[PDB]
Amino acid sequence: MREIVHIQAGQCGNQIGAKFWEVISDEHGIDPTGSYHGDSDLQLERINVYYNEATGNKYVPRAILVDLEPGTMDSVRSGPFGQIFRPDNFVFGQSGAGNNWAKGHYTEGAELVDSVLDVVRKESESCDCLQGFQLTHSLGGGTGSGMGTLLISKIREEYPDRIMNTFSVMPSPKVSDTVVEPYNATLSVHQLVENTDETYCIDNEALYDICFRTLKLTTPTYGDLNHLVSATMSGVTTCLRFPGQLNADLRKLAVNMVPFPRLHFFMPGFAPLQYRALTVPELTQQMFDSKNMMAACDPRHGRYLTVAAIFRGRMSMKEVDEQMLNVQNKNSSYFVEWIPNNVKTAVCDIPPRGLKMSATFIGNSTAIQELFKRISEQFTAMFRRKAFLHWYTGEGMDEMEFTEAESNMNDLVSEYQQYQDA
Amino acid sequence: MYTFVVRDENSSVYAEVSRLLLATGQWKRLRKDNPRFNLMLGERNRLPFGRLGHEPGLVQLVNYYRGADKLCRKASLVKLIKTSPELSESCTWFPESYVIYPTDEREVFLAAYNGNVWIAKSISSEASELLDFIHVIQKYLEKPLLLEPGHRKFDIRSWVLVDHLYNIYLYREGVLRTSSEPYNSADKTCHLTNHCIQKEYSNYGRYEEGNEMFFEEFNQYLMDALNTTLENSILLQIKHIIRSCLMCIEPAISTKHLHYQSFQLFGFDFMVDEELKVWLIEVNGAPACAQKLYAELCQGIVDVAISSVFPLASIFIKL
Amino acid sequence: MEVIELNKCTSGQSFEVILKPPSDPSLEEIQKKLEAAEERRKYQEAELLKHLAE
Amino acid sequence: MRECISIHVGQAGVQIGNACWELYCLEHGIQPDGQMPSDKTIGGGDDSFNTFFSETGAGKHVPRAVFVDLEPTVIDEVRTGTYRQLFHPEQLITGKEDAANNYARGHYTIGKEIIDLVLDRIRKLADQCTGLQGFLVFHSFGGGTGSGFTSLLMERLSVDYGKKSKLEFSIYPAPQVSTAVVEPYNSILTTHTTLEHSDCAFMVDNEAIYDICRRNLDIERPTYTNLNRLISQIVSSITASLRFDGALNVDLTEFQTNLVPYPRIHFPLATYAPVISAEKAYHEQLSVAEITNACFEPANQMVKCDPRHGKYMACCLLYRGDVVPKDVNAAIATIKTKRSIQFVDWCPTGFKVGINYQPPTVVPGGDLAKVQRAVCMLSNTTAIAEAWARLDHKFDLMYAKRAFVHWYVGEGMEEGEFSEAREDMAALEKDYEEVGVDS
Ligand SMILES: Nc1nc2c(ncn2[C@@H]2O[C@H](COP(=O)(O)OP(=O)(O)OP(=O)(O)O)[C@@H](O)[C@H]2O)c(=O)[nH]1
Ligand SMILES: Nc1ncnc2c1ncn2[C@@H]1O[C@H](COP(=O)(O)OP(=O)(O)CP(=O)(O)O)[C@@H](O)[C@H]1O
Ligand SMILES: COc1cc2c(c(OC)c1OC)-c1ccc(OC)c(=O)cc1[C@@H](NC(C)=O)CC2
Ligand SMILES: Nc1nc2c(ncn2[C@@H]2O[C@H](COP(=O)(O)OP(=O)(O)O)[C@@H](O)[C@H]2O)c(=O)[nH]1
Ligand SMILES: [Ca+2]
Ligand SMILES: [Ca+2]
Ligand SMILES: [Mg+2]
Ligand SMILES: [Mg+2]
Ligand SMILES: [Mg+2]
C-alpha cells in the first residue's frame, strides 16, 4: 500500500520534520491528538502512506525522531503537534555531535545507530508494502549530516531494493552556525551521491534571500525559513498523499527524473511565495522564476534534464497545460533536446491551507553544479591550510578521507557540466 | 514569440526568408534538431514529414508539400500528365515526351519517331544516337520564338507560391533566361538557355545584363515587334498551365485536414514558339530566384505563406 | 467492379468487392533468460553488500 | 462455436477491458449481475456470444477474460465496481508493487515471480473451452507492466498454446495523454520481443483519440473514461464478427488471412466514423457514402498518419446499422475517383465488406450519440510506419546519451537488448519502405 517511513535527524531535520507533520496533518484533517476531523474522504484515501492507524481509529505518523542531544526533541514533544508522535519513536542520546560530521558518522552516532534501526525495522514490519524511506536533515551540522548519512548507509544495507529520499538542507555563510559547515556538507554529499535515489537540495542561502527580498522580512529566523521548506515538502509529496489522475510512487518518480544515477539532486521551487488569487499564467511564470527556486542556482546558467510540476487547487486544466507548454516553447534552449517531453505536470484539486491555488517545482537542472561548486570552494579554502581539521582527526579520521570526498564532489560538478554541453 | 528551424543551408531563397523573420523581433531561430518549433525550413531530400504535427501546443508549418516531387521530377511529370484524366495524353501544352529506361515506352516512342528532332534528359535527329546515349525523350521545339536583334532563344521562369489553404499565387515578376548566341537549326549553347551554361560556354551579357530580361522590357518588345502584350499572348497560357498542374495534384498533397500545414515555392519553366504558343518544360520544387527579385519575393513569402498562419503584432496574382 | 462471396443472415451480410486484379523460443530458453537476468541482479546486489561491508 | 479468451495487462489494458466488457454486456443484453433474459438455454449453449461468455447453472454469463496488474489499485476498482458480480475472483489477478514504468522490471524482475500464476489462471479458462481459437491481449506500450509483462506473457502463450492465434490491442504513447519519459524505451523493447508472437496487432495512438474527443465530442480535456469508451467502440466493431452471426472475420485466423500478407507487417490501421457528441441536440445522420469517405480522413484514424503517401496491402470495411451492400458499392466507386488509394502491385485492389444490421450500442449517459450507421475500416497501410519512425527517433535521442539505461540494467537486463530491439525496429521500418515506396 505504498507506505513511507519518515526519519528526521538532528536539530534542523527535526525542526523542519515537525513542521512538515504539522502541515500535512492539517491537510489530512488530523488534529494534534491524532484524531480525524476532516470533511472529505479524499483526505483519508491515501492516509496510510504517512500514517499508521491506531486502536481507536487514531492516526499516528510513521515517523522516527533521531538526535544525539535531547534538546530539539524536547521542543518537538512540547510543540503544537508534539503528542501525535509515537513515544517509542523518539531515539536520542545525551552527548551531542558538536557540529562534527565525524562524531555523527563514526563515534557518537555509531553508539546510537542500532537503536534507530530497531525502530525503523519495527515500522517497516507494519507496512503492507514498504515504498521507501524519507529523511529530513541538514548537511552543515553533525547529527543530521554525519549520523543521517550513516543511517542511510545502514538502511540501504538492510533494505537494498527500497527507494531512499532526502530533503537535505545545504549550508551557506549567510546563514551559518559554524565555519566547519563546508567540511560537513562535502563529506555528506559524497554519501548522498552513492546512497540516495532522490535528494531535494534546499539551500539556506536561497531560503534567506526569499524571506529577505521577496517576503520582505528584514530579520528572517529559522522558523521563517522552515515555513518555506514545510510548504515545499507538502507540494512535493502531493501526488503521494492525495487521490488523483496520477498513479505513481517514489520509484516511478526516480525512474523518470533521474537519467543518470549520480545526477539525482533536485532544485525545489514554490509559488506563490495576500488575498488576491493568482491566475494560472502567474503561477507558471513565478514557478520557473529563479527567485522562487530554493537551491540558489540560476537555471539560466544550465539546462533542465527533467522537470516535474504539481499544481494544486481548482483551476482550468487546459490553461495549465497551455502555460506549461508555453514556457517550454518559449525557452527551448534551457531544456535538453535529447530527452523528449522532459516536462511533466500533475494537478490536484485540493489546495493547501491559506491558498486557493499553488504550484510546486521540481527541477533536475545542471545548474545545481553551482551549489556544489560553492561548497567545494569553501571546503578547499580551509582544507588547503588544514584549518579546523583537528576536530576531525581527533575523532579518528585522516586527511585522505577529506581528499576523496572533495574529489568525488568535483567529479559530480564535472558530470553536470558534461551534460550541460551535450 | 514564434520559433523556427533551418535544415537547408544551401537554400538561397530561404536564407533570406529566415533573415527577414529575425528582423521582426517576433521570430527566434532554434537548433536544427529542436522539435519544439512552429516553422520548418526543411531539407530537399528525405524530409521527415512523419514527425511533423505531433508536438503538443504547437501549430507546425513546413516549406514543402509532401508528394509534390511527382510534379518536380523529369519522369514523374511525364507519367503524371499521361495518367491523369484532367491532363491526359491530349494535354496540348506539354511537348510529346516518352519515358525511357536504360513501362517503358520504348516501342511507343519508336512508333511516333517513324521535323524529327528530339531531346534526351533526366539533342539529336537520330533515334539511334539518343538511345545509345542513355531518362525522358521529349520532342525538341524546332520553331522557338527568337528575340531580335540577336536571333536568340529564351525560356520563361515563373515563381509560384502555394500556401496552406492551397491558394495559388503567381509572382508578378517573372524572368526570361535568354541565349546570348544566335539560334542555329543545323554546339548546344544557343540551344540551351541555362544561366550556368550561358555564363560559361558563351558573348555573355551582350544584349541584356546577365542574360536576364524582365517582364516590363519583354512586354514593351512584344508591343513594338508583334503589336501585342505579354498578358494576352503568353501570361494567359502560363496562368492556365500553372493552375492545371497544381489543381491536378491537389487532393494528393493538400494539408487541409492534416495535423501539420504546408506551403511551397515553385519554379515553372516555359518555352514559347513562333506561333506565340506557350509550352511547359519542367517544374522546379527547390528553385532559386533572380538577384534583383530576392528582396520582394522573399518578403512576399513571409507575408502570405508564413504570417497568414503566424500573425505578427500585392506582389502576387491569385489564380 | 465485381461483387463476390455474398453471404446473408438475420444479423447482416458480408461480401467482397474487387476493383482491380493484382499485377519460437522453448520454455527452457525462456527460463534461462529470466534466470540469467536474476543472477545479474544477484551479482550487482552482492557487489553493493560487499561495498557496504568494506 | 469456438471460444476467445481476452487478457488485459497493466492499467491501460484493465481500464480499457472494463470499457469493452461494459459495452459487450449492453450489446448482448447482459445485466451487471450476469443474468441474460434473452438466453433461453440456461446454463449452456453454443451461440455466437458464447465465444466471449461462459455460463453457470444459475444463469450467470461470465466473461472469458483475465485481468492482470502488478499493483492492485486499478483492478480493485473492478472488484468493487458495477460489474463486480460479473467476474470470478480468480480472473482478477494483482501483485504487490508495479513495474515503475520499467520494462525490465515488469518482464524480468516481477514477471518471473508471477508468470506461472497467470498462466495457471488462464489454463483454468482454457479447460472450459471445447475449441479455443486464441487470445486477445490488451495493454499499453509505455507502462512497465503493459510492455514488460505482456511480452513475457506472449512468449509463454506461444509455448503453451502453439496452434492458437494471438491478437493485440496496443496503446501507443502520446505526450498529450500522460506519458512517462521512458515510454519510448518500453515501446521499442516490447515491440521487439512480442513481434514474432503476435499474428495481428491493432495500435491505438492516444494522440488520435485525444484529438477525436476534443474535435468531435467537444471535450477540452478528455479523461480516461472518455478515451476508453471511444476505444471500446472501435474494439467492439473489430470483435463484433466473433460475437455475432456473420461470415467475415468469424475466427481469429481470418484477421491474419484478410489483413496480414507478411507476418512482420501485422499492424492494420483502424479508422472509425462517425463520432458524434451526445450533447449535440441537432445532428444530421450521415449516409453510407459519407461515413465511408470519412474512413479516408486522417482525422478519424486511430493512428495519425497519411495513407495518401503509402500503399495498401489489404482493406476491410465493418459496417454497423442501417447499411445495404448497394450503398456500399456506390460509395466505394465514388471514393476511388476522388481519393488517392494505391495498392501494392502484388495485391488485389479490393475491399472485404462486413455488415451487422444492429446499430452501434452506446453507454447510457456517455459522450457518444446514438447513430443509425457506423463503419470501422481496417486497412494494412505502409503509412502506419510513420508511427514507428516517430517512436524510433525518440528512442535514438535518449539512447545516444544512454539516458535512463541504468534503471533497466539494474533490473538484470543487458544493455545489448536495447540495441538488439532497435535494430529489429530498423529492419521493420525497412520492410515497410520496400513494400510501400518506389525508387
Ligand atoms: N487509452 C488509455 N491509455 C491509458 C490508460 N491508462 C494508461 N494509459 C496509457 O498507458 C501508458 C502508461 O502505462 P500504464 O498502463 O498506465 O502502466 P502499467 O501498464 O500499469 O505498468 P506500470 O508502470 O507497472 O504501472 C501511458 O502512456 C498512458 O497514456 C487508459 O485507461 N486508457
Ligand atoms: N523539348 C524542348 N525543346 C526546346 N528546348 C528545350 C526542350 N527541352 C528543354 N529545352 C531547353 O532546356 C533548357 C532547360 O533545362 P531543363 O528544363 O530541360 O532541365 P534542367 O537541366 O534546366 C534542370 P532544372 O530546371 O531543375 O535546373 C532550356 O534552356 C531550354 O531551352
Ligand atoms: C509520486 O508523484 C509523482 C510521480 C511521478 C512524476 C511526478 O511529477 C509530475 C510526481 O509528482 C511529484 C513524474 C515526473 C516526471 C516525469 O518526467 C520528467 C515523468 O515522466 C512522469 C511522472 C509521472 N507520470 C506522469 C504521466 O506524470 C510518474 C512519476
Ligand atoms: N532551514 C533551516 N536550517 C537549519 C535549521 N537549524 C539548523 N539549520 C542549518 O543546519 C546547519 C546546522 O546543523 P544542525 O542541524 O543544527 O546540527 P545537527 O543537530 O548536528 O544536525 C547550519 O547550516 C544551519 O544553517 C532550521 O531550523 N532550518
Ligand atoms: Ca558517549
Ligand atoms: Ca445459453
Ligand atoms: Mg544546531
Ligand atoms: Mg531549368
Ligand atoms: Mg500500473
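Below, chains carry the letters A, B, ... as their sequence lines are ordered, and counting in each starts from 1. Heavy-atom basis, side chains included; hydrogens, waters and symmetry copies ignored. Heads up: this isn't the whole entry, just a piece of it, and contacts are only counted within that piece. In listed order, ligands and their atoms are each counted from 1.
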Which named drug shows up at ligand 3? colchicine
In this PDB structure, which macromolecule forms the chief contact with colchicine, named as in the PDB entry? Tubulin beta-2B chain
Other chains closer than 4.0 Å to colchicine by heavy atom: A, D
Residues near colchicine, heavy-atom distance under 4.0 Å: A/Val236, A/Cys239, A/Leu240, A/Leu246, A/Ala248, A/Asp249, A/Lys252, A/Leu253, A/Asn256, A/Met257, A/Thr306, A/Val307, A/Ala308, A/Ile310, A/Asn342, A/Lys344, A/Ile362, D/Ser178, D/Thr179, D/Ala180, D/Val181
Among all the protein's non-hydrogen atoms, which is closest to atom 12 (C) of colchicine, and how far away is it? A/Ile310 CD1, 3.6 Å
Of all the non-hydrogen atoms in the protein, which one sits nearest to atom 13 (C) of colchicine, and at what distance? A/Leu253 CD1, 4.2 Å
Considering only protein heavy atoms, which is closest to atom 20 (O) of colchicine, and at what distance to one decimal place? D/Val181 N, 3.1 Å
Ligand-side contact atoms (colchicine) for residue partner A/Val307, heavy atom cut-off under 4.0 Å: 18 (C)
What is the nearest protein non-hydrogen atom to atom 4 (C) of colchicine, stated with its residue, atom name and distance? A/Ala248 CB, 3.5 Å
Just wondering, what label does the entry put on chain D? Tubulin alpha-1B chain
Suppose we measure from atom 15 (C) of colchicine to each protein heavy atom; which comes out shortest, and what is that distance? A/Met257 SD, 3.8 Å
Just jot down the colchicine atoms closer than 4.0 angstrom to any heavy atom of A/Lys252, in number order. 29 (C)
Please report which non-hydrogen protein atom sits nearest to atom 2 (O) of colchicine, along with the residue it belongs to and the distance in Å to one decimal place. A/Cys239 CB, 3.6 Å
Among all protein non-hydrogen atoms, which one is nearest to atom 24 (N) of colchicine, and what is the separation to 0.1 Å? A/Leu246 CD1, 3.5 Å
